[PDB]
J.: 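Lab note: structure loaded, ligand of interest is empagliflozin.
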Amino acid sequence: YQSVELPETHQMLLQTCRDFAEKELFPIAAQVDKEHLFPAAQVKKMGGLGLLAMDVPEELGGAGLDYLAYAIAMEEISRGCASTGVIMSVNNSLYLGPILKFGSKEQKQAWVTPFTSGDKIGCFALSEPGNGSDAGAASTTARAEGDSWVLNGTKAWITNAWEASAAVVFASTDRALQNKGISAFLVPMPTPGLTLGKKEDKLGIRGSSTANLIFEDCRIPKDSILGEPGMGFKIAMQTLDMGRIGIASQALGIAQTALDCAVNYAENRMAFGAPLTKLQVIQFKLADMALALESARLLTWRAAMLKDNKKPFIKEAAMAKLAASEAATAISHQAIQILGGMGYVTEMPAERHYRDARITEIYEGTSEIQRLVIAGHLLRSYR
Amino acid sequence: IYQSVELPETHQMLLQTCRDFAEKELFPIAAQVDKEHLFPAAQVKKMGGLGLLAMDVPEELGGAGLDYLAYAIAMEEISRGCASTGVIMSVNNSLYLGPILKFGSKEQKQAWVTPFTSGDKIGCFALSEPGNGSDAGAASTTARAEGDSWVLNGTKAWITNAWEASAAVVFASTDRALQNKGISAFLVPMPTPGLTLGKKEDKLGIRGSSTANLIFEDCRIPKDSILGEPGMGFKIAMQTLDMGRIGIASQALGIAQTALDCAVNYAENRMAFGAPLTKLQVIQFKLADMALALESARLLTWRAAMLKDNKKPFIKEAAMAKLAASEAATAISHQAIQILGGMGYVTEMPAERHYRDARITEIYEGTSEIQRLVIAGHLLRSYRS
Amino acid sequence: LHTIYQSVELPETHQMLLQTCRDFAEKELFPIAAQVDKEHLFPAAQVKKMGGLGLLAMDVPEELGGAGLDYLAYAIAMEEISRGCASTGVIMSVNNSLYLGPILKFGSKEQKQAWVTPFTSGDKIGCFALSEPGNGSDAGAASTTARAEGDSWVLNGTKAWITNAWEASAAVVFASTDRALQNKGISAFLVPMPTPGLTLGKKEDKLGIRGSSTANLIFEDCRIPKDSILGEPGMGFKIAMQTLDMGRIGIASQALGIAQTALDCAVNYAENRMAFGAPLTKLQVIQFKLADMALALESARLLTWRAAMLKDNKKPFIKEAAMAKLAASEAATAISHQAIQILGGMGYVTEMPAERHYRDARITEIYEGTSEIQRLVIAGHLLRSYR
Amino acid sequence: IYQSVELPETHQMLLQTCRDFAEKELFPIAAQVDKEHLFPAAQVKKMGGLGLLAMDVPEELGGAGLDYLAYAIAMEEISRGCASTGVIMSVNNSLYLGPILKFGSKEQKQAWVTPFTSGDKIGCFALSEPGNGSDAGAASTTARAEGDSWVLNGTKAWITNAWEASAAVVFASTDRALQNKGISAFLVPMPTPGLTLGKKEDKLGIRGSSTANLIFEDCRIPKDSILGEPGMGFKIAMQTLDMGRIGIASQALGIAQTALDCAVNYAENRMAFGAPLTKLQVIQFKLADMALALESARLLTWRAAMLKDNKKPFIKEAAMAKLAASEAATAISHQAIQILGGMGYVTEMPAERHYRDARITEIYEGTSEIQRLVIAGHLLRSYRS
Ligand SMILES: Cc1cc2nc3c(=O)[nH]c(=O)nc-3n(C[C@H](O)[C@H](O)[C@H](O)COP(=O)(O)OP(=O)(O)OC[C@H]3O[C@@H](n4cnc5c(N)ncnc54)[C@H](O)[C@@H]3O)c2cc1C
Ligand SMILES: Cc1cc2nc3c(=O)[nH]c(=O)nc-3n(C[C@H](O)[C@H](O)[C@H](O)COP(=O)(O)OP(=O)(O)OC[C@H]3O[C@@H](n4cnc5c(N)ncnc54)[C@H](O)[C@@H]3O)c2cc1C
Ligand SMILES: Cc1cc2nc3c(=O)[nH]c(=O)nc-3n(C[C@H](O)[C@H](O)[C@H](O)COP(=O)(O)OP(=O)(O)OC[C@H]3O[C@@H](n4cnc5c(N)ncnc54)[C@H](O)[C@@H]3O)c2cc1C
Ligand SMILES: Cc1cc2nc3c(=O)[nH]c(=O)nc-3n(C[C@H](O)[C@H](O)[C@H](O)COP(=O)(O)OP(=O)(O)OC[C@H]3O[C@@H](n4cnc5c(N)ncnc54)[C@H](O)[C@@H]3O)c2cc1C
Ligand SMILES: OC[C@H]1O[C@@H](c2ccc(Cl)c(Cc3ccc(O[C@H]4CCOC4)cc3)c2)[C@H](O)[C@@H](O)[C@@H]1O
């Protein structure tokens, strides 16, 4: 259930991840951001704990957990480091997720199992320079020739691009079929015909890598296709439905640690004779931050539990992602404000939380796309 | 319409029963109840027969033996039908029966609970006074012991069901020098010598409910009319409001849900620039924000109910739910008017009523500002723990 | 005319006009506002007194019986009057901007003498019939028609939502003279009330501005003289739009009055209500609400005065009038909502005026183009500016 | 662009001169200034030669002989180009020269204003301390009289231009018993014996300005370094802040404008779903809301500037301008990032920088919370008149 008693596997998992975060991520979070340093040693240890492959079956090397467990772990990890959070989220939902749900027995053996322990991680390449929200406009092409698919085109904004050893790539096998002409492919990295673009210099989550995947006469075997030709758009969308629960959970952790920072500070900063928490406006700020965060967690857990129970969860996932991301930006903004001048400098982690929060309103579907998704499903329920 | 969580089949069936009752008995009368300020007597009687006026009361006392999750679901479905009918039911459940269940004697429960579980008699809750609402502990109505009697003097203000209730849980200071350790709770019959009703308030909304002062002038009641012991009245009132706030949260969910229902149905059939309003992206975004606000507040509300059912602390969670639901009901009913356009402003559509009805949920059983104080205090305590 | 500095200190004539309308509102309007609302009573005697003061024809030349003032003066007066009574404000705003406005701007000298002059003294007022039951936000979709027949036009169709419908003696009516031309096939017509062919619909029962009448005008083969057309055929769409640009300044000013009187009520109440041992104004949350109310009100007024002065200075003001109407209308609802909240229980009942101010404010977000329409207007003109 | 009712020809030409300077000298360096946290010395010197560092300063003292309306327009156009350059400029104008001009002697103006009007030397303003920024009056840095000199002890905090300034206006307590009324203001050369600079702060934004503590240890200055009489320090600080808040409001206007500039050009040239972004209703509504927030905040700002120019009271008005402009800058820069999508999160575009620069305007020269307190105080005092 929801806060109303968690199962004890999930409660133990919560404490496990919270212990890992505070011991292994809190002391490195500031350096990862300032040095834009990929946290390889921390990622490997998380692999050992099963956090990089949580809903993956144990026979494939995964933890055998569920998406409520994933959501809890994503929050605790992201509370400690937002970049570490997104690295983990991409491996779980966006890379392993579609291969589990749509892959061959042999594709799972070759592409899931070597990516469950933290020695290798994957990435997800849907967006392109000309189109992100308009995912169905993918114009990277895949052409069948001989025993190969031949890939040509640029994918953009690919998280883990510089550290991953495989990608789920969406390319159009016939642009005239529009979002029925997209297919999904498993692409090893590195590979001939594939070049990495320059790393993006980002506002936040600076410990993750983000770079273009440039395909030029890139040949991969025919059986690299995930599913059948034309399934790619559905594969991408059902993958993002799961991924959005991950990003919602990341935002929950950014929000929680920004709120932790503000409460501790306000309890010890003195003004006009008393701690800041004696001022009414400060109490109201804290109350509204706690309300935004706790209700967005309820939405997140609802989406996660619907998925686990094999129920439709597209609208609920979108709601959780929208609510958590906007709450993470509003809470991190008010945490800066509560710190005052100290909110604006590196002596405190509030300015970093604000920068990290801002991305959760953009990737895996902007807040605008989330609102469209919610409207679409709301109206169908009334029909 | 929401697809949320794992409902027990008992509560799934209760939702359908209540929704069917509301659509069949409440929807046709909501406009008349509001426009004519008409207490919906026949429907309250019928709800009483169903167990809706005494949901959390044990069956051996005449109640339905349900839980507070069931109460929240019923309150939403009923208030969706009629916002006045909702509050009337919520007062009887949380604010009148609730404290007597939790603090009464055996003799008090069989005398003051059981006859108020079927819809032939309802009660009310009298804490606020003209000089003080939010500052509840400033109650200056007095109760003085004399002979075999308590003697009550003073005016309670804003009492919902004042003109239809047959009993009241009244809070009065047995010694004002003790401040909010000087309040006591009393069971008072209505009517009774020494008690006069003030004129009914002319309200913005919830027009079906009566609201009026209770004016005590040398009003004598039996010595054993006291609920609890002298001086625990303040805590009786606060623990009662903690439970009532889940009711008002659920009332706000109903208003919000029926305002959204109204907006969707209208936007699907109103044509503009060649097509239904639901083809306009701006209208889609309004509806999505309304659905999110509503479904968010319901999860908060259900959490507080389920927490109380599991005997866990729930003061902070009850206040969050009441706060979120009430501000959502005002926001959603505002945007439902807006989606209807000119028709949103006229009495032959229900949207302007929902907006008037919503507004009260931000005020009573503790204003939004009090809820934020309550939330902040408990949040801070949790961090010091 | 109008220096930039006059937005910061009014010309003495405008400062005098403010005090004069405020005195009038508090003496004549404050005592009756609640009655006008609860009884849905057209305030005929007060509109007459305002007509004698020039407030019903502020922009009208003195030569034609008007006050000979400008739109800055009109906005100041609309605020003070609406602070007294929101209904009286709208009634005054329709006559100034929506009825007289288009006739001064697009009429011949003959038409002004016949249709402006008898409507400048408060004995007759006008109205503006653009909306129809099937279309309020797209003016251009007028299905009411006007067909030429000899020395007459013949009007057929139902206009909807007409403020002053049950009290006006003339209407500016928009009708399609060429359906095929859509947007360029609309024309504007001066119509007498009563007149054969015209039936009034039932009055609408509304949330607020209850003192004003709102009803359909039903035209069934209704004939009017040929020179009733305002401008030339096809100009109706431009006339409606340019009229609504002026009218939006009037509605912004009405919203300012509703907001100001709601804020007046909240300050007086919070200063004299105690809680937890001190006035409400000692509570930090209350101070913040009041400050937020004042900011929203004062910036919306600066937007409104800007639009008025631009119009007075013969500059474009479509975007600026839309910003003013949008800002002031949303400020009126937010401020009136927070005034209720500051009053607590008293904010929900008729003992106090706060709940009425909430209901009155709600209309300003809808009429003369909803807030959504205002944002579309603002966006279109912002993009034109960058091009 | 926006509209204004006729600006004087003076100010129209100033706007164009300042916009030309910003687009030619500041736009090409803005990214480097931010990324390398590099003080824009050559540009500041050029601005000094134009009069921009001493705008409301009499020409006979080396200034431009302009007014605060002109200052607000120049602040906006400069900050539209570089938010760091804007604050460096705003500190010299309002925070350093302002109080010397308003409270200084003929001789103090000659020695402390004139050498700081041409960009060769700039000043700074030291009121905050590590333990108190909002609580102004709680200044624990002391200044004791020692015959014909003053001796200062204590640490001032968060001083912008600290590492580039040749003089500070420093506030220190000359009578700690007198609290609010025992503060004084002092003109301090930089560098000077007894003064040490803290390490530069590493900041979210305006990274081209320097920010550091000023540490006074037995720092001796002549007797006529005091501005005004002993005890006038708190008033000098508050009236200086009233002026500076118009400067920060204008800085925020320029950050807001350049963010909206970037979003409009981007949305007009980015396609999605077969059409430009500006064909989407939600994008149109964002842009309209950004435009409205910016233009109304500028009107509030110009009102405060003109009142000051006309020597009318302007405390509430400056606080409203600063509050509205600063919250607008954050909201507008936020929505600019959103309109750009992925491009809003990276240095390929300048939106992420604008987001970071805007954030400081809600904090310094009085947080939004303090601004609301100032507004509330003067509203109530006006009502009590
Ligand atoms: C740090 C980072 C990491 C990323 N990692 C990945 C990754 O691993 N894999 C991957 O596939 N992608 C990734 N992306 C891409 C990301 O998902 C996109 O940025 C986003 O989904 C699409 O936005 P866009 O950048 O193309 O902007 P655009 O799609 O051009 O959107 C521009 C604006 O239009 C708005 N808009 C409003 N209404 C509509 C409407 N009806 N239709 C369309 N747009 C509308 C959008 O909300 C946005 O404000 C990443 C992006 C970032 C910034
Ligand atoms: C329709 C209706 C029915 C009602 N029914 C009942 C009933 O059946 N039983 C009953 O007992 N009561 C009832 N009430 C009373 C109701 O609960 C009060 O109206 C409410 O608690 C607030 O009290 P007040 O009216 O005294 O406002 P005030 O307490 O005077 O409050 C005024 C303003 O100050 C604010 N404020 C107060 N204290 C603080 C603080 N410490 N910090 C910050 N802000 C503060 C408030 O939030 C509010 O905005 C009813 C009220 C209404 C309107
Ligand atoms: C009290 C009152 C008095 C009135 N008085 C007058 C009068 O004197 N004269 C007169 O001519 N009219 C009058 N009206 C009509 C009024 O101007 C219209 O109500 C209003 O403009 C909206 O039209 P509508 O009611 O048809 O709503 P609709 O146009 O149906 O709009 C419904 C919803 O869709 C939105 N919408 C519509 N078009 C678009 C679009 N393109 N993009 C996005 N959203 C859109 C709207 O904003 C609204 O939320 C009055 C109305 C009222 C309530
Ligand atoms: C980049 C930068 C440059 C600066 N430059 C200068 C400079 O040149 N000169 C200078 O003198 N200072 C300067 N400052 C200091 C700046 O003005 C202060 O940081 C600011 O006024 C807030 O004070 P504080 O940092 O001590 O925060 P605090 O006062 O500790 O504020 C903490 C929080 O409590 C709130 N709060 C405080 N008091 C109250 C109250 N009474 N009621 C309600 N809420 C309250 C605040 O609004 C804030 O949210 C600078 C700061 C920064 C970040
Ligand atoms: O990410 C997805 C997009 O990114 C695009 C992109 C767009 C404009 C520019 Cl100008 C650039 C150059 C650059 C500059 C600076 C860089 O590194 C440091 C140095 C200083 O600060 C940062 C790296 C790259 C790249 C790709 O071209 C596009 O196809 C993708 O849609």
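One letter per chain, A onward, in the order of the sequence lines. Here the PDB entry sets the residue numbers for chain A, with the shown residues being 29-411 in order. The PDB entry numbering applies to chain B: residues 28-412, in that order. We number chain C the same way the PDB entry does; the residues here are 25-411, in that order. The numbering of chain D matches the PDB entry: 28-412, in order. As the structure lists them, so they are numbered: ligands from 1, and atoms in each ligand from 1.
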J.: Got a sec? Need all the ligands or chains for empagliflozin.
T.: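 The drug sits at ligand 5.
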J.: In this PDB structure, which macromolecule forms the chief contact with empagliflozin, named as in UniProt?
T.: Short-chain specific acyl-CoA dehydrogenase, mitochondrial
J.: From which other chains does some heavy atom lie less than 4.0 Å from empagliflozin?
T.: A, D
J.: Number the atoms of empagliflozin from 1 as they appear, then name those within less than 4.0 Å of a heavy atom of D/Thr374, with their elements.
T.: 21 (O), 22 (C)
J.: I'd like to check atom 14 (C) of empagliflozin in this structure: does the protein have a heavy atom lying under 4.0 Å from it?
T.: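 No, no protein heavy atom sits under 4.0 Å from atom 14 (C) of empagliflozin.
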J.: For atom 20 (C) of empagliflozin, what is the nearest protein heavy atom, given as residue, atom name and distance?
T.: D/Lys62 NZ, 4.0 Å
J.: Looking at atom 6 (C) of empagliflozin, is any protein heavy atom nearer than 4.0 Å to it?
T.: yes
J.: If you have a sec, work out which protein heavy atom is nearest atom 12 (C) of empagliflozin and how many Å separate them, to one decimal?
T.: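 The answer is D/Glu375 CG, 4.4 Å.
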J.: Atoms of empagliflozin less than 4.0 Å from A/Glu228 heavy atoms?
T.: 1 (O), 2 (C), 3 (C), 4 (O)
J.: Who's the nearest protein heavy-atom neighbour of atom 26 (C) of empagliflozin, and how far?
T.: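 Heavy-atom neighbour on the protein nearest atom 26 (C) of empagliflozin: A/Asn240 ND2, 3.3 Å.
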J.: For atom 16 (C) of empagliflozin, what's the nearest protein heavy-atom neighbour? Residue, atom name and distance, please.
T.: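 Closest protein heavy atom to atom 16 (C) of empagliflozin: A/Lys226 NZ, 3.2 Å.
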